[PDB]
Chemist: 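Here it is, the structure in full.
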Amino acid sequence: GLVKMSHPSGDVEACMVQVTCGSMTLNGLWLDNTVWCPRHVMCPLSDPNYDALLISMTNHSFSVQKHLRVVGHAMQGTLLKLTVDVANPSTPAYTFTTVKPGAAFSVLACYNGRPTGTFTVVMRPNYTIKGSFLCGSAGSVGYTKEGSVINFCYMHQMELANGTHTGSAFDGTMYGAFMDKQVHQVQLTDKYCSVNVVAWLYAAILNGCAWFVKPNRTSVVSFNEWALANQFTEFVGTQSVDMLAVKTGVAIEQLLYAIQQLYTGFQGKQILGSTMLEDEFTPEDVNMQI
Amino acid sequence: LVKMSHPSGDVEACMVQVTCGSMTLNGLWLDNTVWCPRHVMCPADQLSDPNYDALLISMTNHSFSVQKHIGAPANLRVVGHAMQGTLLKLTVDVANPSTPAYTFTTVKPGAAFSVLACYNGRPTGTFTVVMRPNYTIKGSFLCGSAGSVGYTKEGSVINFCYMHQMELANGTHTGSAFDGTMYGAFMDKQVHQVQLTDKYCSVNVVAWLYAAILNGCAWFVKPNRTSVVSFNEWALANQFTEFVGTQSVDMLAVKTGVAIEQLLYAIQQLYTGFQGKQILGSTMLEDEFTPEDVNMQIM
Ligand SMILES: Cn1cnc(Cn2c(=O)nc(Nc3cc4cn(C)nc4cc3Cl)n(Cc3cc(F)c(F)cc3F)c2=O)n1
Ligand SMILES: Cn1cnc(Cn2c(=O)nc(Nc3cc4cn(C)nc4cc3Cl)n(Cc3cc(F)c(F)cc3F)c2=O)n1
């Protein structure tokens, strides 16, 4: 069976700081001479004018604590870019790439600048995540690692009226275009991550559970038109999926056909003990864990 | 309801690679001591029947090489060696300057801890497991993970509770407590060993049903009740642990208004299968969430 696995968090722990502006406080991320944090900390809340708020900021509007003097301030989308006079001596090698729905990443949950827990989520097709966050977590950070390069991909912003969560990429854009204000907002309807359901079926086949494999095939292009009408994402193949097809001898298109049948029901059978489709493990997860 | 682990940085700073002859695995560097599994002493002949007492006598301080790869790299010299149960206690001539405040305590079945999986002294992943009623854990471990460390954290104090030793069957593992005793009394040698049958951790199943009620999923709740004593007689016959209430569980009962005995009755109906229904996105009973975990996460 598959195990939820997160990256070691030490590297990122060393970058977490607390940012306070007026009576607001949250978490920031300190890289080199810059502290990133959500611009909501500038707000005195239901409909802020962040452009005016930025103008009103003065030399000592922000205070940064590591559990740091601010020399400049800028805004990049829904994030603030705060210049500090001391460079983080433990800045990892990093990139800022936006994650796509179905991709997994690790989250370091923090409160007032202190790391408290870590877990892994997949970005949902409706650009929310199913995290575990309490009040005081605004500015917590999500990331993947490739080699020793950290890709920072998520800065936490808000809990929606569901239990679901959203935030920003470090280019400043909010995932799913949610507005960083306290107004009722409703997410789009979620979908199954097709490529992840495919990975899970491959995991089943690797563990001896393969009754759903038939010779029938459904092409990618044909599955994708069906998916638009049945709350699945578009399937996009990857070399990681190809590796699963090679070591099982079962082609993607056989599994696309199987999903079409399984969406109707499992007949009277189980898959890896479950009678529901699973889309929270990626092809990369299955490759490295089986 | 996410699988939550402690931030791993405190423990990452203590992981080292330990080598002896042709064997290499992970060690834990705390002050002037490096802890690692004693299997690192075992030669290729005798991997199935080692004489660790004799192996230890044949060893010198010079038999052991120790490196720290991540963070500030490694100048460690072994100046002493001892064996404690299934663990080696190596003494080095530099005290780890990032040693956390720590304790050694053995965990009991049903309790959860974080694991930092490492390979050749390099941390690669973290996850949370529960100590199973048959004294195994179901982690994600590959070859080269022997000596990876499990732990909890309370305030500033890390409790180290697990040093990974062996894969018993696919996906089933065991290890030592830091007093050196193997969980489940498994033997640290290359031989097939059968484990006792696993059981559902009843108090964690109860915590999870409370989490479902808190989240608006309560179709399984009936007025009907089963007493603790009568449930525990049933559990003996159905591979469930004995239910033992705690203050953490009582908090959930007060908040939801649903008595423990109502959920004990519901478990008896739900192990007969969910019919076609789901609970918190699952079609089977879940027992890896503790009452403390549910109280923490759902407040
Ligand atoms: C339950 N929950 C789960 N995730 C979250 C995230 N979250 C948060 O941690 N804080 C928020 N509001 C603040 C209140 C403050 C009080 N002080 C003294 N300082 C504060 C700082 C913040 Cl950020 N919010 C709400 C929220 C945050 C935003 F970034 C935003 F644009 C709009 C919002 F309505 C929040 O969701 N809470
Ligand atoms: C798939 N898997 C999941 N968990 C494990 C744990 N595990 C392990 O990582 N290594 C082991 N044997 C070694 C071989 C070595 C080869 N070199 C060069 N160095 C080695 C070091 C070790 Cl420890 N084992 C097997 C094993 C380990 C013990 F500690 C023991 F007492 C008996 C055993 F059969 C292992 O289970 N692998």
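In what follows, every chain begins at residue 1, and chains take the letters A, B, ... in the order their sequences are listed. Values below: all heavy atoms of this structure, side chains included; hydrogens, waters and symmetry mates excluded. Remember, it's 1-based here, ligands and their atoms both numbered in the order they're listed.
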Chemist: Which of penfluridol, ensitrelvir, pralsetinib is found at ligand 1?
Modeler: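 The compound there is ensitrelvir.
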Chemist: Write down the name, per the PDB entry, of the macromolecule bound to ensitrelvir (ligand 1) with the most contacts.
Modeler: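 Largest number of contacts: ORF1a.
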Chemist: Would you mind telling me which other chains place a heavy atom less than 4.0 Å from ensitrelvir (ligand 1)?
Modeler: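 By heavy atom, the other chains are A.
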Chemist: I need the contact type for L134(A) against ensitrelvir (ligand 1). Using non-hydrogen atoms and a strict under-4.0 Å cut-off, is it side chain, backbone, both or neither?
Modeler: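 Just the backbone.
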Chemist: Should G136(A) be counted as touching ensitrelvir (ligand 1), given the test is an N or O pair under 3.5 Å?
Modeler: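 Yes, since at least one N or O of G136(A) sits under 3.5 Å from an N or O of ensitrelvir (ligand 1).
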Chemist: Could you check whether any heavy atom of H156(A) sits closer than 4.0 Å to an atom of ensitrelvir (ligand 1), since that is the contact criterion I want to use?
Modeler: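 Heavy atoms of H156(A) do come under 4.0 Å of ensitrelvir (ligand 1).
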Chemist: Tell me whether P38(A) reaches ensitrelvir (ligand 1) (any heavy atom closer than 4.0 angstrom to a ligand atom).
Modeler: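 In this structure, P38(A) fails to qualify as a contact of ensitrelvir (ligand 1) - no heavy atom is under 4.0 Å.
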Chemist: Closest by any non-hydrogen atom to atom 29 (F) of ensitrelvir (ligand 1): pick that one out of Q157(A), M299(B), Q182(A).
Modeler: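 Nearest heavy atom to atom 29 (F) of ensitrelvir (ligand 1) lies in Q157(A).
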Chemist: Considering distance alone, does some N or O of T25(A) sit under 3.5 Å from an N or O of ensitrelvir (ligand 1)?
Modeler: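 Right, the criterion is met.
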Chemist: What atoms in ensitrelvir (ligand 1) come closer than 4.0 Å to a heavy atom of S137(A)?
Modeler: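 Reading through ensitrelvir (ligand 1) atom by atom, the close ones are 4 (N), 5 (C), 6 (C), 9 (O).
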Chemist: State which organism the PDB entry lists for chain A.
Modeler: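 The entry records the organism as Middle East respiratory syndrome-related coronavirus.
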Chemist: List ensitrelvir (ligand 1) atoms under 4.0 Å from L26(A), heavy atoms only on the residue side.
Modeler: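 Near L26(A), meaning under 4.0 Å from one of its heavy atoms, ensitrelvir (ligand 1) has 23 (Cl).
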Chemist: Any chance you could list the binding-site residues for ensitrelvir (ligand 1)? Cut-off is 4.0 Å, heavy atoms.
Modeler: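 Counting heavy atoms, the site comprises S23(A), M24(A), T25(A), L26(A), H40(A), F133(A), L134(A), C135(A), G136(A), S137(A), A138(A), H156(A), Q157(A), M158(A), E159(A), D180(A), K181(A), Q182(A).
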